[PDB]
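Quick look: 6-thioguanine on Mitogen-activated protein kinase 1.
We number chain A the way the PDB entry does; in order, the residues shown are 9-55, 61-183, 187-327, 335-353. Indexing begins at 1, ligand by ligand and atom by atom, following the structure's order.
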Amino acid sequence: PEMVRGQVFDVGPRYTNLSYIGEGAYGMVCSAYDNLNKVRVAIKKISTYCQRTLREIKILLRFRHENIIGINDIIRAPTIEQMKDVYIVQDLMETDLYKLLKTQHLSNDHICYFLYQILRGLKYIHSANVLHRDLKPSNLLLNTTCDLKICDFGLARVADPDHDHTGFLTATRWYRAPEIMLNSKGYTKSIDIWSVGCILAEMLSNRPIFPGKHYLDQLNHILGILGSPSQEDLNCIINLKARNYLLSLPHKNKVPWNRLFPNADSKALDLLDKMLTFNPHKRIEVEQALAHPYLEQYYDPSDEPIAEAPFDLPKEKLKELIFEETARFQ
Ligand SMILES: Nc1nc2[nH]cnc2c(=S)[nH]1
């Protein structure tokens, strides 16, 4: 067994010369040489935590799309008794958008291209009636030619708008839609669109637009820029405790986008405005975002595929489910 930073990375004959890349969720990430098609790859070691592991495997194996990270191989023991670690193999990318925003100014041409590819991937995901629910810059991988792939489906769910309602004060904080702090479990597609709006804002300025320190700090940051919600938007919130909290706040005026981003393309600001809408019912959907004049140069519905079909247990059946789902790579 090759060892990496004091750890067993038992990835067999096929994958050699492992280099530490970092640690995402789940554990260690190394790159490795694949001797079957002579190209380096990324390998994640996996040791509840079982739930999100299973969820992701199940989704990523069903999805096939240029803008979604795939699964090339899965390595595990031949038997359930012997199975401890599971190794996930994926295409090696150069960087993620979070690391990129820390260090690099982006041209409008790059912002436009990135945003197109995010939406193109999201169009597919939503057509399968799946919510990602944790879109943020670190879950967006880029290769050396700026091709983009969405990763980490650990928090993903099937859409369920009939059961979205919940109480007041019930994923990553900065990219959370406002309705989540107010009356929503985040079971509708509109919460992903909000996260893309945040990512877009972050691409225009190299900084998180709403960096809340905590739950309600997040909300007052949003309202500090969007302004106090209208009576019509408030009427949509029927839970008295959410509504009366909002009514207890001082009046805030909308800060116009062109003041926050004085050198942004005006078309980008017009799309941003429609993504970061307080009322989820008024918020643009992904197909409409794709058709927006900002993305005209890329928009091509015949090259924007949709999925062919849309989508509580003891720890014993879960180990077993992971085993069964990973059998195809044996
Ligand atoms: N560079 C890099 N490439 C990847 N492919 C799948 N995951 C990764 C990560 S976390 N980093």
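- A heavy atom under 4.0 Å from 6-thioguanine (ligand 1) is present in the following residues that UniProt lists as binding ATP in chain A: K52.
- Counting residues of chain A in contact with 6-thioguanine (ligand 1), the top UniProt domain is Protein kinase.
- Counting heavy atoms closer than 4.0 Å to 6-thioguanine (ligand 1), residue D109 contributes nothing at all.
- Shortest contact from atom 9 (C) of 6-thioguanine (ligand 1) to any protein heavy atom: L154 CD2, 4.2 Å.
- The nearest protein atom to atom 3 (N) of 6-thioguanine (ligand 1), hydrogens excluded, is given as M106 N, 3.1 Å; this is a heavy-atom distance.
- Residue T108 places no N or O, backbone or side chain, under 3.5 Å from any N or O of 6-thioguanine (ligand 1).
- Contact atoms of 6-thioguanine (ligand 1) toward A50: 4 (C), 5 (N), 6 (C) (distance under 4.0 Å to a heavy atom of the residue).
- Atom 11 (N) of 6-thioguanine (ligand 1) has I29 CG2, 4.2 Å as its closest protein atom, hydrogens excluded (heavy atom only).
- The entry names the source of chain A as Rattus norvegicus.
- For 6-thioguanine (ligand 1), the polar-atom distance check finds no N/O of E107 at less than 3.5 Å from any of the ligand's N/O atoms.
- Of the protein's non-hydrogen atoms, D104 O, 2.8 Å is the one closest to atom 5 (N) of 6-thioguanine (ligand 1).
- Binding site of 6-thioguanine (ligand 1) at 4.0 Å (heavy atoms): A50, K52, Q103, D104, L105, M106, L154.
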Give one line per pair: atom of 6-thioguanine (ligand 1), protein atom, distance. Only N/O to N/O under 3.5 Å.
unit_1                   : atom_1 : unit_2 : atom_2 : d
6-thioguanine (ligand 1) : 1 (N)  : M106   : O      : 2.7
6-thioguanine (ligand 1) : 3 (N)  : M106   : N      : 3.1
6-thioguanine (ligand 1) : 5 (N)  : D104   : O      : 2.8
6-thioguanine (ligand 1) : 7 (N)  : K52    : NZ     : 3.2

